[PDB]
Student: 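Model shown: HIV-1 Protease + saquinavir.
For reference, chains are lettered A, B, ... following the sequence lines as listed. Here chain A follows the PDB entry for its numbers: 101-199, in order, are the residues you see. Chain B residue numbers are taken from the PDB entry; in order, the displayed residues are 1-99. Looks like X-ray crystallography, 1.0 Å, at least that's what the header says. Each ligand, and each atom within it, is numbered from 1 in the order the structure gives.
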Number of protein chains: 2
Amino acid sequence: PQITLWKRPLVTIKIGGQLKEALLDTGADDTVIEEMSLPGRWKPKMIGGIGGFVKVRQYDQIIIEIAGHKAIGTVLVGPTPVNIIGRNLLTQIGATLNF
Amino acid sequence: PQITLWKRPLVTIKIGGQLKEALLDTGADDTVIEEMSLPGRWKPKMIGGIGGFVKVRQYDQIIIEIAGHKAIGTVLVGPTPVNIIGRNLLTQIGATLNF
Ligand SMILES: CC(C)(C)NC(=O)[C@@H]1C[C@@H]2CCCC[C@@H]2CN1C[C@@H](O)[C@H](Cc1ccccc1)NC(=O)[C@H](CC(N)=O)NC(=O)c1ccc2ccccc2n1
Ligand SMILES: [Cl-]
Ligand SMILES: [Cl-]
Ligand code: NA
């Protein structure tokens, strides 16, 4: 698809068998999802957003479908108002910005 | 241009007579620039993201050049660690996300 930006670039993702809404974010280095259960061990990570730094749980090698495109990569879990798909996964689905 | 997402999508902007580097940010509703003076009226605003909220000054009808493309819109000025070009100006330069 070609997605314009007049509204938020929200898509459906599938993770852990469940469907969620998420934002395609070229400004995010990483992918951050609201509290949910994921398999395996996690590692600590501190991420910085516009209002300051927050602690999250880093899960590696997680299967995730993004607007029907399959990816397997790192997902950060923590308190966020919006699920964010960052560049680590945008590059797996072959997304570019064009003007 | 086509911009890949292997790295942060940073471009040069001209704003208020100054050259700056800024992030093309599809996950930002607003354009937020580090502290600088701009002409005309402003009003206070709180904006949020990861980590909470920050107080900014809202300047309306500000011209900006983004990678060579002129646009006008609202610009927020405040203590952001990175200058961000959000959707309000990305639409004006015809930016799309493609995959
Ligand atoms: C997600 C994470 C990996 C932490 N990356 C970032 O957060 C990087 C950090 C960079 C350095 C600090 C300055 C911002 C840039 C770009 N951001 C990405 C950037 O795209 C970020 C992602 C995001 C979206 C929605 C909610 C939270 C977070 N957007 C934002 O921070 C913008 C700022 C704005 N007012 O325009 N927020 C929003 O547009 C926005 C949208 C919906 C909301 C709902 C409730 C509360 C707040 C909400 N904020
Ligand atoms: Cl605007
Ligand atoms: Cl358009
Ligand atoms: Na003005």
Student: Enumerate the ligands or chains belonging to saquinavir, duplicates included.
Tutor: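 It maps to ligand 1.
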Student: What are the letters of the other chains having a heavy atom under 4.0 Å from saquinavir (ligand 1)?
Tutor: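 Counting heavy atoms only, the answer is A, B.
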Student: Can you walk me through which residues contact saquinavir (ligand 1) using 4.0 Å for heavy atoms?
Tutor: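 By heavy-atom distance, those residues are A/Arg108, A/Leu123, A/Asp125, A/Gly127, A/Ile147, A/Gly148, A/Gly149, A/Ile150, A/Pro181, A/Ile184, B/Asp25, B/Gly27, B/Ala28, B/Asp29, B/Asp30, B/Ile47, B/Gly48, B/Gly49, B/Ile50, B/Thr80, B/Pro81, B/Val82, B/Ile84.
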Student: Students should be able to answer this: which protein heavy-atom is nearest to atom 22 (C) of saquinavir (ligand 1), and at what distance?
Tutor: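 Result for atom 22 (C) of saquinavir (ligand 1): A/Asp125 OD2, 3.2 Å.
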Student: Do saquinavir (ligand 1) and B/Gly48 have nitrogen or oxygen atoms that lie under 3.5 Å from each other?
Tutor: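 For saquinavir (ligand 1), there is an N or O atom that lies under 3.5 Å from one belonging to B/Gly48.
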Student: To which protein heavy atom is atom 7 (O) of saquinavir (ligand 1) closest, and what is the distance rounded to 0.1 Å?
Tutor: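 Closest protein heavy atom to atom 7 (O) of saquinavir (ligand 1): A/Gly149 CA, 3.7 Å.
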Student: Of all the atoms in saquinavir (ligand 1), which lie at a distance below 4.0 Å from a heavy atom belonging to B/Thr80?
Tutor: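 In order of number, 13 (C).
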Student: What source organism is recorded in the PDB entry for chain B?
Tutor: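 By the entry, the source is Human immunodeficiency virus type 1.
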Student: For atom 23 (C) of saquinavir (ligand 1), grab the closest protein heavy atom and report residue, atom and distance to one decimal in Å.
Tutor: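 Nearest protein contact, heavy atoms only, for atom 23 (C) of saquinavir (ligand 1) is A/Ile184 CD1, 3.5 Å.
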Student: In terms of residue, atom name and distance, what is the protein heavy atom nearest to atom 46 (C) of saquinavir (ligand 1)?
Tutor: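 I find the closest protein heavy atom is A/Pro181 CG, 3.8 Å.
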Student: By number and element, which atoms of saquinavir (ligand 1) are closer than 4.0 Å to a non-hydrogen atom of A/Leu123?
Tutor: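 Answer, ordered by atom number: 24 (C).
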Student: Under 4.0 Å from a heavy atom of B/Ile47: which atoms of saquinavir (ligand 1) are those, numbered in the order shown and with their elements?
Tutor: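 Those atoms are 35 (N).
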Student: What protein heavy atom is closest to atom 42 (C) of saquinavir (ligand 1), reported as residue, atom name and distance in Å?
Tutor: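 The protein heavy atom lying closest is A/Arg108 NH2, 3.4 Å.
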Student: Identify the protein heavy atom lying closest to atom 39 (O) of saquinavir (ligand 1), giving its residue, its atom name and the separation to 0.1 Å.
Tutor: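 Answer, as residue, atom name and distance: B/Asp29 N, 3.0 Å.
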Student: Which protein non-hydrogen atom lies closest to atom 35 (N) of saquinavir (ligand 1), naming both residue and atom, and how far is it?
Tutor: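 Closest protein heavy atom to atom 35 (N) of saquinavir (ligand 1): B/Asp30 OD2, 3.1 Å.
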Student: Would you verify that at least one protein heavy atom lies under 4.0 Å from atom 10 (C) of saquinavir (ligand 1), or report that none does?
Tutor: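 Within 4.0 Å: no protein heavy atom nearby.
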Student: Who's the nearest protein heavy-atom neighbour of atom 29 (N) of saquinavir (ligand 1), and how far?
Tutor: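 Minimum-distance protein heavy atom for atom 29 (N) of saquinavir (ligand 1) reads B/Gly27 O, 3.2 Å.
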